K.L.:
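Here's one more: a structure with piperacillin (open form) in it.
The numbers used for chain A are those of the PDB entry, and the residues that appear cover 236-282, 297-573, in sequence. In listed order, ligands and their atoms are each counted from 1.
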Amino acid sequence: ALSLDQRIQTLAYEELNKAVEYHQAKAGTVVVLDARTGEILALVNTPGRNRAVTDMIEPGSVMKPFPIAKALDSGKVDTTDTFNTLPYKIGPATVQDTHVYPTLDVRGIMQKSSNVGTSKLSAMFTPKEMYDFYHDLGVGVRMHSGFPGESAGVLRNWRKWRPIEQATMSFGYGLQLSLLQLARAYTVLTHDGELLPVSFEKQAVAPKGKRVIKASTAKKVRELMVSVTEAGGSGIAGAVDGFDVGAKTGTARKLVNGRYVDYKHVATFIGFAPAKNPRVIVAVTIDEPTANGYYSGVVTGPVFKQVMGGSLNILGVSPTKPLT
Ligand SMILES: *C(=O)[C@@H](NC(=O)[C@H](NC(=O)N1CCN(CC)C(=O)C1=O)c1ccccc1)[C@@H]1N[C@@H](C(=O)O)C(C)(C)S1
């Protein structure tokens, strides 16, 4: 009566262990969810605690689809709109990207992973609006998944936010999610705008979602997220032959003494396929790779590719386009 698919569980375990060994990393996790039910199809960690559920991290760039979705859902932003994406200051803090683009449209913000552009979309809303949105995604909220030691994550009350915090939260710092919570939040994108519960028991009754965005918004965001895995995108390593994949890469500096350091990273990669009508969500995080690169695309992308490609094959889903 578990929902886990043992063939997916095996595949995820093998691919994760190979990536952690190759990159000489400290730890990692893979989660596979059913994109329309929230059932856990696989959940694996490197040896030790169930980090997928016990440990909260700053999501970094994999948070970006959500402020984007909210902006579009509000009707205040259109996908074709352009934004000033030059680095800027809020008090003494800087908001900047790893490459300077003077301007980007929404597709650009997503494809290139612009911290600046994301922060400009968030800035159109009040602290209370953005908090309510993050809360509605499950940030800071207990899933009651069935696992012991389940982290609620952290979402600071909006009454306490400084202007810099609203900005950094939009691109994934100053709030914290477990990987399972993060995979759950992506059900808003895959299940036509409603957040699903997560469970590791086979479902007998249709889960009731909570409406977070319109189905039309969800569909538009999934189309934008295909750019991440196509040429020009940060997540091209996660492309799966025969499918369109919606995804988002994240690489985050870690905190050492409450200071961000530039020699220690967490790499995350999350996506879904087939992009137009997804069957599965695959989420991958690898903590502190020390060899053979540290960016999401190079560290977690190949794991995502193998697990997603393998999962769709195991579940009997045909390629939507010819192989190559
Ligand atoms: C997404 O994850 C994004 N990553 C970064 O911008 C990342 N930035 C940070 O770690 N920080 C630390 C925290 N603060 C203060 C709150 C920041 O402003 C901040 O930006 C980073 C990581 C490594 C090197 C440079 C910057 C961009 N998306 C990833 C990705 O893999 O998609 C890029 C590497 C393309 S940048």
K.L.:
By the name used in the PDB entry, which chain has the largest number of heavy-atom pairs within 4.5 Å of piperacillin (open form)?
P.N.:
Probable peptidoglycan D,D-transpeptidase PenA
K.L.:
Specify side chain, backbone, both or neither for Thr498, according to which of its non-hydrogen atoms lie closer than 4.0 Å to piperacillin (open form).
P.N.:
both
K.L.:
For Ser545, counting its heavy atoms only, list the atoms of piperacillin (open form) lying under 4.0 Å from any of them.
P.N.:
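In order of numbering, the contacting atoms are 31 (O).
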K.L.:
So, is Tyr422 polar-close to piperacillin (open form), with some N/O to N/O distance under 3.5 Å?
P.N.:
yes
K.L.:
Examine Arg502 against piperacillin (open form) and note whether any of their N/O atoms are separated by less than 3.5 Å.
P.N.:
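Right, the criterion is met.
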K.L.:
If the contact criterion is a heavy-atom separation under 4.0 Å, does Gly546 count as touching piperacillin (open form)?
P.N.:
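No heavy atom of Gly546 comes that close to piperacillin (open form).
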K.L.:
Is it the side chain, the backbone, both or neither of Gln345 that has a heavy atom closer than 4.0 Å to piperacillin (open form)?
P.N.:
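Neither; no heavy atom under 4.0 Å.
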K.L.:
Quick one: which of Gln360, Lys313, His514 has a heavy atom closest to atom 23 (C) of piperacillin (open form)?
P.N.:
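The residue whose heavy atom sits nearest atom 23 (C) of piperacillin (open form) is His514.
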K.L.:
Side chain, backbone, both or neither: which applies to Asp511 and piperacillin (open form) if a contact is any heavy-atom pair less than 4.0 Å apart?
P.N.:
neither
K.L.:
N or O contacts of piperacillin (open form) with protein under 3.5 Å, please list pair by pair.
P.N.:
unit_1	atom_1	unit_2	atom_2	d
piperacillin (open form)	2 (O)	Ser310	N	2.9
piperacillin (open form)	2 (O)	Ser310	OG	2.2
piperacillin (open form)	2 (O)	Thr500	N	3.0
piperacillin (open form)	2 (O)	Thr500	O	3.1
piperacillin (open form)	4 (N)	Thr500	O	2.8
piperacillin (open form)	6 (O)	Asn364	ND2	2.9
piperacillin (open form)	8 (N)	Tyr422	OH	3.1
piperacillin (open form)	10 (O)	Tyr422	OH	3.2
piperacillin (open form)	10 (O)	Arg502	N	2.8
piperacillin (open form)	28 (N)	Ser310	OG	3.0
piperacillin (open form)	28 (N)	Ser362	OG	3.1
piperacillin (open form)	31 (O)	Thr500	OG1	2.6
piperacillin (open form)	32 (O)	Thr498	OG1	2.5

